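Opening remarks: the structure here includes dantrolene.
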Amino acid sequence: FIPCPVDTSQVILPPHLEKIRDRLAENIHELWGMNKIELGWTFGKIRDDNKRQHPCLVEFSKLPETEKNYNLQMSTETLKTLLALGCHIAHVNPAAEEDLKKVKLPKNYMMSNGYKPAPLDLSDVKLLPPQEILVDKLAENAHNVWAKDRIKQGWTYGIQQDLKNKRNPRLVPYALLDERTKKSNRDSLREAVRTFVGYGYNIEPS
Ligand SMILES: Nc1ncnc2c1ncn2[C@@H]1O[C@H](COP(=O)(O)OP(=O)(O)CP(=O)(O)O)[C@@H](O)[C@H]1O
Ligand SMILES: O=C1CN(/N=C/c2ccc(-c3ccc([N+](=O)[O-])cc3)o2)C(=O)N1
């Protein structure tokens with residue numbers, strides 16, 4: 001198994017896109033924090049996988065640096081991937097960031113750190129068919145960018161996951177991957193494109 005994604009080396013990120021790169025990472029983390037509470041997890045300072053405690057379920061500004069850069073790099077690689085495919089990212093609607101409210105969840109979503117997930121309310125954002133094929137294609141690539149970095153840290157396949165060896169049952173080709181995870185990647189990058197549009201960006205191939 002060889003996870004080779006679209007080559008992101010012959011690509012640079014213009015400084016005017018660094019703004020979305022920062023906000024895109026925030027929203028992607030907000031969506032993660034919500035889904036994690038939605039499935040048995042809570043806040044903690046000493047991670048114990050059996051107790052469902054997590055230190056990363058905090059606001060984007062309070063994250064540790066090791067996990068933080070990974071969220072900014074993956075966000076930067078996502079933008080660069082669109083550029084490597086021949087698509088452009090450009091601001092057109094200047095009032096969209098002001099007309100971008102955030103989702104507010106029930107009271108039970110607040111934990112012992114003062115953090116309560118508040119992703120952007122992007123439910124009223126519609127995508128054209130061409131942008132759907134992009135999100136589906138971007139999703140398969142996000143699996144490869146994740147799998148390549150893990151592989152060089154020694155991560156291979158293993159029936160049981162493990163935070164102390166390089167084992168993970170999802171280190172497999174996108175075809176041999178459970179459709180739940182495949183759909184999860186598509187949903188994540190569907191909001192990624194909606195995050196751009198929510199800030200006033202038009203995605204358009206050259
Ligand atoms: N599938 C995904 N899509 C977008 N961001 C993800 C992600 N998985 C993890 N992240 C980001 O990674 C950061 C936390 O890193 P961590 O190592 O704790 O992942 P994790 O605990 O979710 C492993 P798993 O999801 O398999 O149980 C989180 O703040 C989150 O934003
Ligand atoms: O088990 C798994 C896990 N995984 N992806 C995990 C990685 C970890 C960090 C992120 C990440 C993605 C996108 C952005 N972004 O664009 O901002 C920011 C961070 O995904 C996968 O494919 N199968």
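Residues take their numbers from the sequence shown, with the count starting at 1. Numbering of ligands and ligand atoms starts at 1, following listing order. What's counted below: heavy atoms across the whole structure, side chains too, no hydrogens, waters or symmetry copies.
Counting all copies, dantrolene can be found at ligand 2. Most heavy-atom contacts to dantrolene in this structure come from the chain listed in the PDB entry as Ryanodine receptor 3. For dantrolene, the residues with heavy atoms nearer than 4.0 Å are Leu24, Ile28, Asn71, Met74, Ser75, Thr78, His143, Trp146, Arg170, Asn185. The entry attributes the origin of chain A to Homo sapiens.
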